[PDB]
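Throughout, residue positions are numbered sequentially from 1 according to the sequence presented. In what follows, every heavy atom counts, from backbone to side chain, and hydrogens, waters and symmetry copies are set aside. Whatever order the structure lists ligands and atoms in, that order sets their numbers, starting from 1. Heads up, header says this was done by X-ray crystallography, 1.4 Å.
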Amino acid sequence: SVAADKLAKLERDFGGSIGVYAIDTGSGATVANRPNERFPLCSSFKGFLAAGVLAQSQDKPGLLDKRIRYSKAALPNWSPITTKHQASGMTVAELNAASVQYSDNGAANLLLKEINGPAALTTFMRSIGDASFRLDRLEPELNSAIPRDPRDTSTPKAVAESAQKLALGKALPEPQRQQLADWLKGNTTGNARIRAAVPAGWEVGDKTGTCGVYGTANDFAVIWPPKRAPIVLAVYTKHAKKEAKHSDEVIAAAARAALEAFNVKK
Ligand SMILES: *C(=O)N1C[C@H](NOS(=O)(=O)O)CC[C@H]1C(N)=O
């Protein structure tokens, strides 16, 4: 296809692999590249963590209102929101907002503890029919991104299909789906990635990941146009060389190629 050819050229210049899965929920059309290959999730797992916490909240009402207090010394690196609010604590809802919208690592590890760990999140994902997602480790060790290593990975197809089920479909009850959507829509970290390829002003709920090694970074998004049906897009990169840098521009370019196949151009 046009899109496949553009994605192949992006891979050649990048020197590594670009996994793409896009779904136009209007027509059902798809764009795929390396759809079933594993890529590290990095911070992108936090969008699915939010869905797993919301799933627990159907059981335990008031869960989003529960205030979590924590020590300063227990926070991992890259915890800007949780560090700032240590004296006040944060509610489970606030922690999800920081985890999803700022990629706060301390928030993500606190919510992992709330839902009983990476295996528990993986079980929730299996319960929606996602057989690919696996979370094995906590922040920051989950970002090692070692080539061929299956820990803390998913596939582009499974990321996009699960994002569809959770943020557009019925895997969560409607109030929880709306909350997940609203958290993703207020992300602040994705402006150079999928969003860079989306027409101005359209709502985009996305979650980025940047492992910081092996050219490994990613973004997945649900795009809500004003005039046409939602589109779901997952873009994941990896590279065989430890020192290879990830590229926002490559991710944005891959998003552009997929969206052009759906006749969406910024
Ligand atoms: C997620 O991959 N991480 C936490 C934070 N994420 O921000 S990003 O998703 O906008 O890149 C920083 C990078 C990374 C990490 N080092 O844990």
message: Can you remind me what the drug at ligand 1 is called?
response: avibactam (bound form)
task: Provide the name in the PDB entry for the chain that contacts avibactam (bound form) most.
output: Beta-lactamase
- request: Please state which part of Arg193 comes within less than 4.0 Å of avibactam (bound form), counting heavy atoms only: side chain, backbone, both or neither.
  value: neither
- prompt: Which bit of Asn77 is near avibactam (bound form), meaning a heavy atom under 4.0 Å away: side chain, backbone, both or neither?
  reply: neither
field: Proximal avibactam (bound form) atoms for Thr210, defined as those under 4.0 Å from one of its heavy atoms
entry: 1 (C), 2 (O), 8 (S), 11 (O), 13 (C), 14 (C), 15 (C)
query: What covalent attachment, as residue and atom, does the entry give for avibactam (bound form)?
result: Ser43 OG
message: Please list, in number order, the atoms of avibactam (bound form) under 4.0 Å from a heavy atom of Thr208.
response: 8 (S), 9 (O), 10 (O)
message: Quick test: of every protein heavy atom, which one is nearest to atom 12 (C) of avibactam (bound form), and how far off is it to 0.1 Å?
response: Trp78 NE1, 3.5 Å
Nearest-option assignment for atom 5 (C) of avibactam (bound form), heavy atoms, candidates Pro40, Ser43, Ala192: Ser43
- request: Provide the organism that the deposit lists for chain A.
  value: Chromobacterium haemolyticum
message: As an exercise, identify every atom of avibactam (bound form) less than 4.0 angstrom from a heavy atom of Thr189.
response: 10 (O)
message: Could you help me out with the residues around avibactam (bound form)? Anything with a heavy atom closer than 4.0 Å counts.
response: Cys42, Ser43, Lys46, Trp78, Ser103, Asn105, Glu139, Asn143, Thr189, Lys207, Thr208, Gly209, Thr210
